[PDB]
Number of protein chains: 2
Amino acid sequence: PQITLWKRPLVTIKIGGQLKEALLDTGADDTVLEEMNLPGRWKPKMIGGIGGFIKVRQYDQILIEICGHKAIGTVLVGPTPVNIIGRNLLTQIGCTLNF
Amino acid sequence: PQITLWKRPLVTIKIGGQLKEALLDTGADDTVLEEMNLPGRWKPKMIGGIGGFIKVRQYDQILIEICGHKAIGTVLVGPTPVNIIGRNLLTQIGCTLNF
Ligand SMILES: CC(C)CN(C[C@@H](O)[C@H](Cc1ccccc1)NC(=O)O[C@H]1CO[C@H]2OCC[C@H]21)S(=O)(=O)c1ccc(N)cc1
C-alpha cells in the first residue's frame, strides 16, 4: 500500500504469535520492540537517539509479519516507548520513500 | 525520487543559507537539527526520544529546502545525535511510504 505521513505510520505486525502496533521508521537502523519475553538466545546492546541510550536485547533471525509481508532479521527488545520497525526489516518488505 | 532503505535515507538540506545532511525520519513527528545559528525568535521547548527528553529551541515558519523541495514549518534545534527531518516537513514535500 501507500502510507501518508499526516499521522504516525503505525501498522499491525505479528511477532512470536502476538499482534502489535509498530511504527514504520526510516530513521531507525534496526527494529526495536517494547519489552516482551521472546525465547531464544540474545546479546546485550545499547542504542542511542534523542535523550540518550537504552539497553536492549538483540535477538537474531526473528520472524515478523508486517501487513501480510513476511520478514526475518534482527529484533531488539527493550524499554522503548514505541514499537519501531527499522530499515533492517523495512527493506525486506519492499518499503521505499517516495516524493 | 524513490528511496530504498538499504542505507540511511540521508539527503542534503538548505536552511538559513547553509547546506547540511539530514535523515528522512518517518518515525519523528517533528524536525530536530543539531546546534546551529538560525535567524528569528525562538521559544524553549522539550522533545522526548527513545532515551528521554532534551531541551531544544523552537523556530517557527522556517524555510528549508529538501532535495530541491521547499517546505516552511517548525524546526527544533538542540543536542540531537543527527539532523532528522520529521513528518511535519515530510508531508510538505509530499513524502509517502510505499510497500
Ligand atoms: C533519532 C533517530 C536518528 C533514531 N531514532 C528513530 C526515530 O524515528 C525516533 C523513533 C521514536 C518515536 C517515538 C518515540 C521514541 C522514538 N523518533 C524521534 O526521536 O522523534 C522525535 C522528534 O519528533 C518526535 O516525534 C517522536 C519522538 C520525537 S531512535 O528511536 O532513537 C532508534 C535508534 C536506533 C534504533 N536501532 C532504533 C531506533
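Chain letters correspond, in order, to the sequence lines: A, then B, then on. Chain A is numbered as in the PDB entry, which gives 1-99 for the residues shown. Here chain B follows the PDB entry, giving residues 1-99 in order. One-based numbering, in listed order, for ligands and for the atoms of each. Excluded from the calculations below are hydrogen atoms, water molecules and symmetry mates; all remaining heavy atoms, backbone and side chain alike, are included.
Lab note: drug at ligand 1 identified as darunavir. Most-contacted chain for darunavir (ligand 1) in this structure, per the PDB entry: Protease. The letters of other chains with a heavy atom under 4.0 Å from darunavir (ligand 1) are A, B.
Listed by number with element, the atoms of darunavir (ligand 1) under 4.0 Å from a non-hydrogen atom of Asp30(A) are 35 (C), 36 (N), 37 (C).
Taking a cut-off of under 4.0 Å to the non-hydrogen atoms of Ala28(A), the atoms of darunavir (ligand 1) that pass are 37 (C), 38 (C). Within the set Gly86(B), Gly52(B), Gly27(B), the minimum heavy-atom distance to atom 18 (C) of darunavir (ligand 1) is found for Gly27(B). The distance criterion of under 3.5 Å between nitrogen or oxygen atoms is met by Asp25(A) with respect to darunavir (ligand 1). Among all non-hydrogen protein atoms, the one lying nearest atom 24 (C) of darunavir (ligand 1) is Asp29(B) N, 3.5 Å. Per the PDB, the organism of origin for chain B is Human immunodeficiency virus 1.
Looking at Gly48(B), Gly51(B), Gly49(B) and measuring to atom 27 (C) of darunavir (ligand 1), the nearest heavy atom belongs to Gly48(B).
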